[PDB]
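In this structure, kanamycin is found bound to Aminoglycoside 3'-Phosphotransferase.
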Amino acid sequence: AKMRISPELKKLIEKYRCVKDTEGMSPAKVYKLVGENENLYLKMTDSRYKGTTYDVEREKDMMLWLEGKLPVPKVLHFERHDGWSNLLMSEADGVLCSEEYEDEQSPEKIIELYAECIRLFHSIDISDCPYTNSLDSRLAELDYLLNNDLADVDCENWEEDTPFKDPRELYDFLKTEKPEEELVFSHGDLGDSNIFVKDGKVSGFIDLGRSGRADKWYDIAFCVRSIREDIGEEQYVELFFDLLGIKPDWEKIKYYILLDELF
Ligand SMILES: NC[C@H]1O[C@H](O[C@H]2[C@H](O)[C@@H](O[C@H]3O[C@H](CO)[C@@H](O)[C@H](N)[C@H]3O)[C@H](N)C[C@@H]2N)[C@H](O)[C@@H](O)[C@@H]1O
Ligand SMILES: Nc1ncnc2c1ncn2[C@@H]1O[C@H](COP(=O)(O)OP(=O)(O)O)[C@@H](O)[C@H]1O
Ligand SMILES: [Mg+2]
Ligand SMILES: [Mg+2]
């Protein structure tokens, strides 16, 4: 248990000036490798999350599968060293969505980007998708996290509208209100922190440990959540739906939003 990376990987990143990310809120460790000819990225999770949607090991699988289907990083190196899952990947092409609009009067551009991701997602053949993240599987995983204290139940940034007075109240609810599901490709954590844009078009997706099959409303819900907080104006949510060309199923949007609360 040397705590981190193997020798080989150490040699591989030597040439680069390692810069530790400070944005990622997951349990994973992220490092930007500032190189001469390019930039590389190293992401790693410890053994506690092995098997879970946090496991970069799983993230690596989806990264490989999605190649030639979505703009994802190139899997440059992967290893399981000392109970850790370490992934070396290519820098996402484009500009981090969040950064690209971090301060602009571009509400419409954001919404457009979100709707493009959704349509784009729907066009992906999940017939051979490595993982399935159905509600059943997710709740089983949530249950696991809570039992092993792998979830931050006290100090997380919760929605101002989450009723529940404790973890199990919410778990129970999710377990009781499971909505009907209609599998489609799902990112798992669709936000301006995991999406890249270029020339006003999506150019890349990262953070894939939670990708796989799941209901259509999952990602839709995530977008709505960002939108309502990052651009206060009920009117901009209606536009997002106009672009997706569908009516909102509020009951399901609320559900998937709550589902993400303990992750
Ligand atoms: N625990 C680790 C996870 O922490 C965040 O996830 C949390 C969301 O950030 C919270 O939502 C807040 O941030 C949204 C932007 O996404 C805003 O729209 C919203 N108004 C805010 O309440 C939500 N309540 C809980 C969710 N677990 C990271 O995103 C995710 O990558 C990381 O794995
Ligand atoms: N391949 C990549 N190219 C560019 N930036 C990346 C890449 N991988 C990670 N990052 C950067 O690091 C941040 C955290 O990485 P992410 O995979 O989202 O970890 P977490 O699961 O904690 O959110 C991202 O918001 C992004 O800024
Ligand atoms: Mg992320
Ligand atoms: Mg993540």
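Residues: numbered from 1 along the sequence shown. Note: hydrogens, waters and symmetry copies are ignored here, and every other heavy atom, side chains too, is used. Indexing begins at 1, ligand by ligand and atom by atom, following the structure's order.
- In this structure, every copy of kanamycin sits at ligand 1.
- Distances below 4.0 Å separate heavy atoms of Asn157 from the following atoms of kanamycin: 10 (C), 12 (C), 21 (C), 22 (O), 23 (C), 24 (N), 25 (C).
- Under a 4.0 Å criterion applied to the non-hydrogen atoms of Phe263, kanamycin contributes the atoms 1 (N), 2 (C), 3 (C), 27 (N).
- Heavy-atom distances between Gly191 and kanamycin stay at or above 4.0 Å for every pair.
- The distance from kanamycin to the heavy atoms of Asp260 drops below 4.0 Å at these ligand atoms: 25 (C), 26 (C), 27 (N).
- The closest approach between kanamycin and any UniProt active-site residue of chain A, by heavy atoms to 1 Å, is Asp189, 3 Å.
- For kanamycin, none of its N or O atoms has an N or O atom of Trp158 under 3.5 Å away.
- Looking at atom 31 (O) of kanamycin, its nearest protein heavy atom turns out to be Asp189 OD2, 2.7 Å.
- Between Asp207 and kanamycin, a contact under 3.5 Å exists for no N or O pair.
- Summarising the contacts of atom 32 (C) of kanamycin with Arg225, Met25, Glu156, the nearest heavy atom is found in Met25.
- Remark: among candidates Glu23, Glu160, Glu229, the nearest residue to atom 18 (O) of kanamycin is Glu229, based on non-hydrogen atoms.
- The distance criterion of under 3.5 Å between nitrogen or oxygen atoms is not met by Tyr54 with respect to kanamycin.
- When only non-hydrogen protein atoms are considered, atom 19 (C) of kanamycin lies nearest to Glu159 OE2, 3.3 Å.
- At a heavy-atom cut-off of 4.0 Å, the residues contacting kanamycin are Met25, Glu156, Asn157, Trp158, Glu159, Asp189, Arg225, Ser226, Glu229, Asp260, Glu261, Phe263.
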